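All remarks here apply to the structure that follows.
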Amino acid sequence: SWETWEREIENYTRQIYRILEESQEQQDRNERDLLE
Amino acid sequence: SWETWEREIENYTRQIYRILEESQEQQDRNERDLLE
Amino acid sequence: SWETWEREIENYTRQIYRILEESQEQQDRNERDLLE
Amino acid sequence: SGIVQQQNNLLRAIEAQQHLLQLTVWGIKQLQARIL
Amino acid sequence: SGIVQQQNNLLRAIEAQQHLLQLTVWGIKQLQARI
Amino acid sequence: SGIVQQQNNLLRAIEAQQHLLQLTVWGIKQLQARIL
């Protein structure tokens with residue numbers, strides 16, 4: 001029950017953080033490219 | 001009131017799954033438009 | 001800790017509602033600009 | 001149209017997820033009152 | 001392309017958040033049932 | 001510009017929602033520790 005729950009919570013949390021970092025880097029690139 | 005809560009959870013879950021499906025379809029269309 | 005949790009829920013909820021409001025204003029502007 | 005339409009799709013998804021999040025906060029507050 | 005790639009990023013974030021949200025719902029129902 | 005600015009707003013909303021999700025997980029873990 002809860003052991004698996006805590007594992008899944010940590011797995012998706014780690015994924016989200018990775019995706020948020022990648023998205024912030026893409027945001028930064030898109031905003032820079034705006035001025036080209 | 002938990003029964004009502006379950007019903008509102010079900011309803012919004014269905015709404016977001018529909019929105020995610022439309023979003024995936026649109027993402028595919030936008031990527032293919034750019035490639036093609 | 002629970003009194004602090006309740007205040008942090010409130011703080012982030014308020015922020016999200018302001019960002020969602022600004023995002024909707026931007027959606028509206030972007031759609032109008034597309035048309036012109 | 002496709003990029004701006006995808007912005008609207010993602011905005012609606014976040015809005016629906018915010019409704020779901022308010023529902024989970026209500027549910028936790030209901031348990032909190034009883035359990036402590 | 002940069003905008004579309006960013007949309008793909010945000011869509012995947014929202015999808016992963018939805019899985020997390022359904023895990024929190026499962027957790028609350030488990031505790032509701034106990035109480 | 002209006003599209004890139006809009007993506008920054010959607011990114012901010014998702015990030016704030018992630019904060020809220022971690023707060024809801026902390027609350028469920030607290031309640032679970034008190035019950036089981």
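Below, chain A is the first sequence line, B the second, and so on; all start at residue 1. According to its header, the structure was obtained by X-ray crystallography, 1.8 Å. For the numbers below, each heavy atom of this structure counts, side chains included, while hydrogens, waters and symmetry mates do not.
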So I'm looking at this entry - what's holding onto chain C the most? Name it the way it appears in the PDB entry, please. Envelope glycoprotein gp160
I keep forgetting: which drug shows up at chain C?
sifuvirtide
| message | Could you give me the letters of the other chains with a heavy atom under 4.5 Å from sifuvirtide (chain C)? Thanks! | response | D, F
- How is the binding site of sifuvirtide (chain C) composed, by chain and residue number, at heavy atoms under 4.5 Å? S1(D), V4(D), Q5(D), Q7(D), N8(D), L11(D), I14(D), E15(D), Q18(D), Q22(D), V25(D), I28(D), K29(D), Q32(D), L36(D), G2(F), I3(F), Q5(F), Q6(F), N9(F), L10(F), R12(F), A13(F), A16(F), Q17(F), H19(F), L20(F), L23(F), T24(F), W26(F), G27(F), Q30(F), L31(F)
Could you list, by chain and residue number, the residues of sifuvirtide (chain C) that come within 4.5 Å of chain F on a heavy-atom basis? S1(C), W2(C), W5(C), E8(C), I9(C), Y12(C), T13(C), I16(C), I19(C), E22(C), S23(C), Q26(C), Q27(C), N30(C)
When you scan chain F against chain C (sifuvirtide), which donor-acceptor pairs turn up at less than 3.5 Å?
from, atom 1, to, atom 2, distance (Å)
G2(F), O, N30(C), ND2, 3.0
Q6(F), NE2, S23(C), O, 3.0
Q6(F), NE2, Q27(C), OE1, 3.1
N9(F), ND2, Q26(C), OE1, 2.4
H19(F), ND1, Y12(C), OH, 3.4
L23(F), O, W5(C), NE1, 2.7

